[PDB]
Number of protein chains: 4
Amino acid sequence: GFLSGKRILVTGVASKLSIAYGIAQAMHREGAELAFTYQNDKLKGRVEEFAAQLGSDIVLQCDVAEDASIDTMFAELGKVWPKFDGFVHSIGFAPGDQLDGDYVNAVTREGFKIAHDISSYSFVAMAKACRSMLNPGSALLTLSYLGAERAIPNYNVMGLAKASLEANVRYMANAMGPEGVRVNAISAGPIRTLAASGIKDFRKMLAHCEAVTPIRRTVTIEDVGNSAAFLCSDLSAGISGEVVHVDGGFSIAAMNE
Amino acid sequence: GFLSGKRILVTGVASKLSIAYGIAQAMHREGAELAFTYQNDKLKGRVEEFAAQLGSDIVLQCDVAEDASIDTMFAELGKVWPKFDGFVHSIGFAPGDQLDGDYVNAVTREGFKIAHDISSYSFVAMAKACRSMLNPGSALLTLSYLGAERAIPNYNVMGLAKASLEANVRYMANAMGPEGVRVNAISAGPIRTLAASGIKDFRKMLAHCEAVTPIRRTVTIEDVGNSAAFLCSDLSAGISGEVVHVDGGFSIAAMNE
Amino acid sequence: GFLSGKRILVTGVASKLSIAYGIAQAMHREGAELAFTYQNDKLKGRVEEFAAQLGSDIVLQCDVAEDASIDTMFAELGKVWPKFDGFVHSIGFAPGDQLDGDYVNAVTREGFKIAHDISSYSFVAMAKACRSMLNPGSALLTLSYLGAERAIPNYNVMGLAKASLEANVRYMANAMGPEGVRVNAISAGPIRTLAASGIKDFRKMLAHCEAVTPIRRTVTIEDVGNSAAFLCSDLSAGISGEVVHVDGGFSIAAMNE
Amino acid sequence: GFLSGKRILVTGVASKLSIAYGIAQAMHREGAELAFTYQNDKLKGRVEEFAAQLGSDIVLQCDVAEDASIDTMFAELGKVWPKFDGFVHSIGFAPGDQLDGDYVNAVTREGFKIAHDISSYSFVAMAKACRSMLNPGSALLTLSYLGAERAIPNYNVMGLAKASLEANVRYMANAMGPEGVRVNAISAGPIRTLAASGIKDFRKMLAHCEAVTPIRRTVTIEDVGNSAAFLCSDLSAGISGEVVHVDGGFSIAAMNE
Ligand SMILES: NC(=O)c1ccc[n+]([C@@H]2O[C@H](COP(=O)([O-])OP(=O)(O)OC[C@H]3O[C@@H](n4cnc5c(N)ncnc54)[C@H](O)[C@@H]3O)[C@@H](O)[C@H]2O)c1
Ligand SMILES: NC(=O)c1ccc[n+]([C@@H]2O[C@H](COP(=O)([O-])OP(=O)(O)OC[C@H]3O[C@@H](n4cnc5c(N)ncnc54)[C@H](O)[C@@H]3O)[C@@H](O)[C@H]2O)c1
Ligand SMILES: NC(=O)c1ccc[n+]([C@@H]2O[C@H](COP(=O)([O-])OP(=O)(O)OC[C@H]3O[C@@H](n4cnc5c(N)ncnc54)[C@H](O)[C@@H]3O)[C@@H](O)[C@H]2O)c1
Ligand SMILES: NC(=O)c1ccc[n+]([C@@H]2O[C@H](COP(=O)([O-])OP(=O)(O)OC[C@H]3O[C@@H](n4cnc5c(N)ncnc54)[C@H](O)[C@@H]3O)[C@@H](O)[C@H]2O)c1
Ligand SMILES: Oc1cc(Cl)ccc1Oc1ccc(Cl)cc1Cl
Ligand SMILES: Oc1cc(Cl)ccc1Oc1ccc(Cl)cc1Cl
Ligand SMILES: Oc1cc(Cl)ccc1Oc1ccc(Cl)cc1Cl
Ligand SMILES: Oc1cc(Cl)ccc1Oc1ccc(Cl)cc1Cl
């Protein structure tokens, strides 16, 4: 596969529906050696099982709300992978009350702070912590959504956090490019995952996209996984600082209704 | 003037160099009645003096880091302006250590949090607090910078905070439009102000822009003020959720060097 | 008014519904001296009448498909206005068969050529012809539509012509800025005009926009006219090469349905 | 390879420096069966030789300025490939006088017409002609440049033609997606090719990009070729209507100087 010889860390697997799960599958298929993190014990079991199926026994705990947790996870990873080739950041969070109803009425200073901290700061927090461990030719990848570009009902403060994240991708790419590290994002279309259930009326968003997307279907975690594998491989050596839309063309059409 | 009959609150005046000062001047010239806020006692004197020169005696303290301070300022403003027509948000902040050198090395969880809280959350915090006091036809305005769209050396975490702010403009415009409130931003080119001195090599950024901007000069607080007055007036009734570049065309050219 | 002392040429008035008509009204209200062009004799009468109502007796024929017609019109204008302050380009055209049905099936080499020639090339053709007649501080303005940015059903080849036009705005602004000329565009939302009737299902586009636009109404030629007056005045001295959306926020929202 | 079983037509090979040459090499490496076109006899020899080295004996003449030439080439291709999986459009042209100096002074109605006809219309002209021959799952690809988005000195009218081309990509993707065809573009950074020598001061553009691009080197035809192979493969099934920047991050940074 085109990922043979690469060692990549994958965050965010919570279930078989997880976008990170589709990404891990595609990268394994292409020959990458993988390592996984899990947020807490509530998820340790499932992640350990999935990692086994994908030939990996490197499963480490990591809660990105804490600098100490990130530093410890990398010190542990370093015992087996003193150097590696990048990681996939597939993590997002905002308190549930933030994602329902009128945005101005729903947002709070605390909800805003947590959404940006976990959904955007954590990406550069991880890069800071493992910077000296990355091989030249390494690639970092995060996942965004159209809500960063347009106002979407109910997505609310997560939209602002994703806009901060896309800017993060550009500043990170500009800072780390000289040492040989590329940084990109995939702006994925709507997919039924555990976290998606937290967005009010998500099922309605899904049906709408299916009807108006140029390719006439919503994307799958396999579609996203294949794109992620490409973006973390040497085949995309000429691409950095980019937000690639993997939504079947939904965002470039208007009034298809 | 085209602002006759409008009552507008202006935040951010710190000196005669302040963009908010140029905005206040232009709005006064066009007939608006004004009210001003000041961050702390270190600035109370200058703001009181400027307000007098512009025919206003409404000068209130307001530190947007605190919900209580925002609520109190509006309760006080309500004693004289039970209803009004919008406000100008010209406030930004990030700890100084954040704006020097390599972005990944300089950014910290705390610096990131403060930058987003003061530079982006505060805009919707103010709208939440005065929502019931706005007249139909009201307009809110904030100030952004190109760093939200492109990676610019030294601007660092402020770029991410401005990206969150531009997204804020869109979600706010979408939420408040039905009740008759418009929300926009001006992305201004570089101008020598007090805060600008905190950006490493700002004088270099200024000279560069002057040489490559299509109109061959950097913009002034008068240029920005005139645009702000238009965007807060009924003359721009058809514009909401927009980020207008007032940088002399700098951002739409490349390689003019 | 803020246009006092300015001499502006207005193209494209075909009826009282014309966007150019709303623009002429607003500029006259703000004090500008105006001059008008008309495409052919089929329209001469109406334009002569409107010009009179707006205190102007400068009404010249000009068909932008011909270089000779443009050169002659300016030589004639020069007899009364040896120098002037800019013009409004409110002209578009594509053969009717191009605007109905599947884009790939409808487009032809000839339809494509005519659409780009009349809708985009004509803007720089006029600037080339009157370049030596423009006063420093002059401003040129054209009208675009969201179809330049997103694929919209039935708009078809006009979308490509508008994309070429928006690029034209940037190259023109970059080339003419050093001599003191600004160039911008307004991307207007849907408005019932004579030309609009040529777009299949235009009435459907109008109703849809009204329902999902943040300000909850479609824009009027007065909204566009007011913005145009501002953009051609010295109040927008800091703005060049920009495409300003005057569509009530329609383009920055998604899934409001 | 991930292109095994795909039959792709490649246009634009003129020499070993050609972007189309790098694309053909990468696609051959990944298992695609290829076919090539050549503009005229001046190029027939070189193309025949290259095609042989890549295991292909399908080399057909095609000048996209003529509808008849396009129809004939496809009728001939149909004798060997009654159905196929897409094509690569790597064709551009504008008269040389258009690419030197001030844009407004250099552009002519004829130069503008030819630039748009050959550089943008030809892409949809080819799709129209072979539409019934494409297998479900097919993908079309064209090559663009940053000049479509920003004003770049000397690129002049080609910038407008590339803006029309990027819009073409979106309208084509929207029209053909329902039948299973994806359409995308790669916006490549500067590369020394035969056509590049026609741009005044191209060597200066190249050195500048090398110094300020995040990855600190200009991209190669191999970088572009690898991205093109991915975008024409089933691995990018979730991507359509997109313009992917393969310029090492150059466009997302500002003032790196
Ligand atoms: N689902 C969609 O339609 C969609 C669309 C675009 C983007 N995304 C993005 O894709 C990513 C993955 O989401 P998903 O839909 O696969 O959801 P998911 O619920 O399968 O995964 C989200 C993951 O975030 C992790 N997470 C949350 N807080 C964390 C913390 N403090 N520390 C460590 N991990 C934490 C969870 O443990 C979980 O594995 C997110 O960035 C999301 O915003 C999803
Ligand atoms: N100066 C430039 O070139 C430029 C370019 C683009 C945008 N801007 C933006 O314009 C706005 C005004 O900046 P400026 O350059 O006029 O600077 P300035 O230093 O004159 O004004 C900044 C203001 O922010 C206020 N402020 C900071 N923290 C605050 C808090 N907690 N509560 C209340 N007020 C607080 C200060 O008191 C001060 O009045 C900012 O949003 C800035 O990001 C400036
Ligand atoms: N109507 C809308 O909803 C809308 C939305 C966005 C942009 N626009 C743009 O606004 C401009 C004005 O359109 P409108 O809707 O007011 O239509 P309209 O039919 O009132 O005006 C179009 C004008 O184009 C002129 N014209 C066409 N070919 C010409 C030629 N060869 N030479 C000289 N003049 C020529 C006509 O004479 C007419 O005055 C166009 O650029 C159009 O694309 C309209
Ligand atoms: N070279 C760069 O730095 C760069 C950057 C971005 C985009 N591009 C684009 O990549 C494509 C390929 O350019 P290149 O640099 O490889 O140049 P090149 O000179 O190697 O190839 C250009 C090709 O266009 C073909 N062509 C021109 N007119 C034609 C006509 N009427 N019919 C058929 N074929 C015709 C030529 O025969 C030639 O093979 C163009 O679209 C160009 O705009 C090049
Ligand atoms: O970003 C997303 C976008 C979509 Cl359409 C669906 C799910 C997404 O992911 C999340 C949404 C809300 C929260 Cl609280 C956490 C996550 Cl991970
Ligand atoms: O956003 C800005 C952009 C520029 Cl070019 C100059 C000054 C700016 O404003 C600030 C920059 C840094 C900090 Cl700490 C605070 C503020 Cl108000
Ligand atoms: O650009 C437009 C956009 C809209 Cl929504 C409505 C009308 C427009 O203007 C035209 C549309 C088609 C043709 Cl043939 C000519 C013109 Cl002037
Ligand atoms: O688009 C291009 C962009 C760059 Cl930076 C270099 C070469 C390019 O390609 C061309 C440029 C001019 C002409 Cl006349 C023809 C072609 Cl193919």
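Simply put, chain letters go A, B, ... down the sequence lines. Chain A is numbered as in the PDB entry, which gives 2-258 for the residues shown. Numbering, chain B: per the PDB entry, residues 2-258 in sequence. Residues 2-258, in that order, are what chain C shows, numbered as in the PDB entry. What you see of chain D is 2-258, where the numbers are those given in the PDB entry. Heads up, header says this was done by X-ray crystallography, 1.9 Å. FYI, side chains are in, hydrogens and waters are out, and symmetry mates aren't considered; it's all heavy atoms of this structure. Order of listing sets the numbers, starting from 1, for every ligand and every atom in it.
Drug at ligand 5 (options: fenoprofen, ipidacrine, triclosan): triclosan.
Tallying contacts with triclosan (ligand 5), the largest count belongs to the chain named in the PDB entry as protein (enoyl-[acyl-carrier protein] reductase). With heavy atoms closer than 4.0 Å, the chains neighbouring triclosan (ligand 5) read A. Residue A:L100 approaches triclosan (ligand 5) through these ligand atoms, each under 4.0 Å from one of its heavy atoms: 12 (C), 14 (Cl).
A:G93 O, 3.6 Å is the protein heavy atom nearest to atom 15 (C) of triclosan (ligand 5). Looking only at protein heavy atoms, the nearest one to atom 4 (C) of triclosan (ligand 5) is A:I200 CD1, 3.7 Å. In terms of protein heavy-atom proximity, atom 1 (O) of triclosan (ligand 5) is nearest to A:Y156 OH, 2.6 Å.
Of all atoms in triclosan (ligand 5), listed by their number and element, those nearer than 4.0 Å to a heavy atom of A:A95 are 14 (Cl). Summary of contacts: the protein heavy atom closest to atom 10 (C) of triclosan (ligand 5) is A:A196 CB, 3.8 Å. Residue, atom and distance of the protein heavy atom nearest to atom 13 (C) of triclosan (ligand 5) are A:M159 CE, 4.0 Å.
Within triclosan (ligand 5), counting atoms from 1 as listed, the ones closer than 4.0 Å to a heavy atom of A:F203 are 5 (Cl), 6 (C).
Lab note: per PDB, source of chain A = Escherichia coli.
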Measure from every N or O atom of triclosan (ligand 5) to the protein's N or O atoms and keep only the pairs below 3.5 Å, writing each with atom names and distance to 0.1 Å.
residue, atom, partner, partner atom, Å
triclosan (ligand 5), 1 (O), A:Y156, OH, 2.6

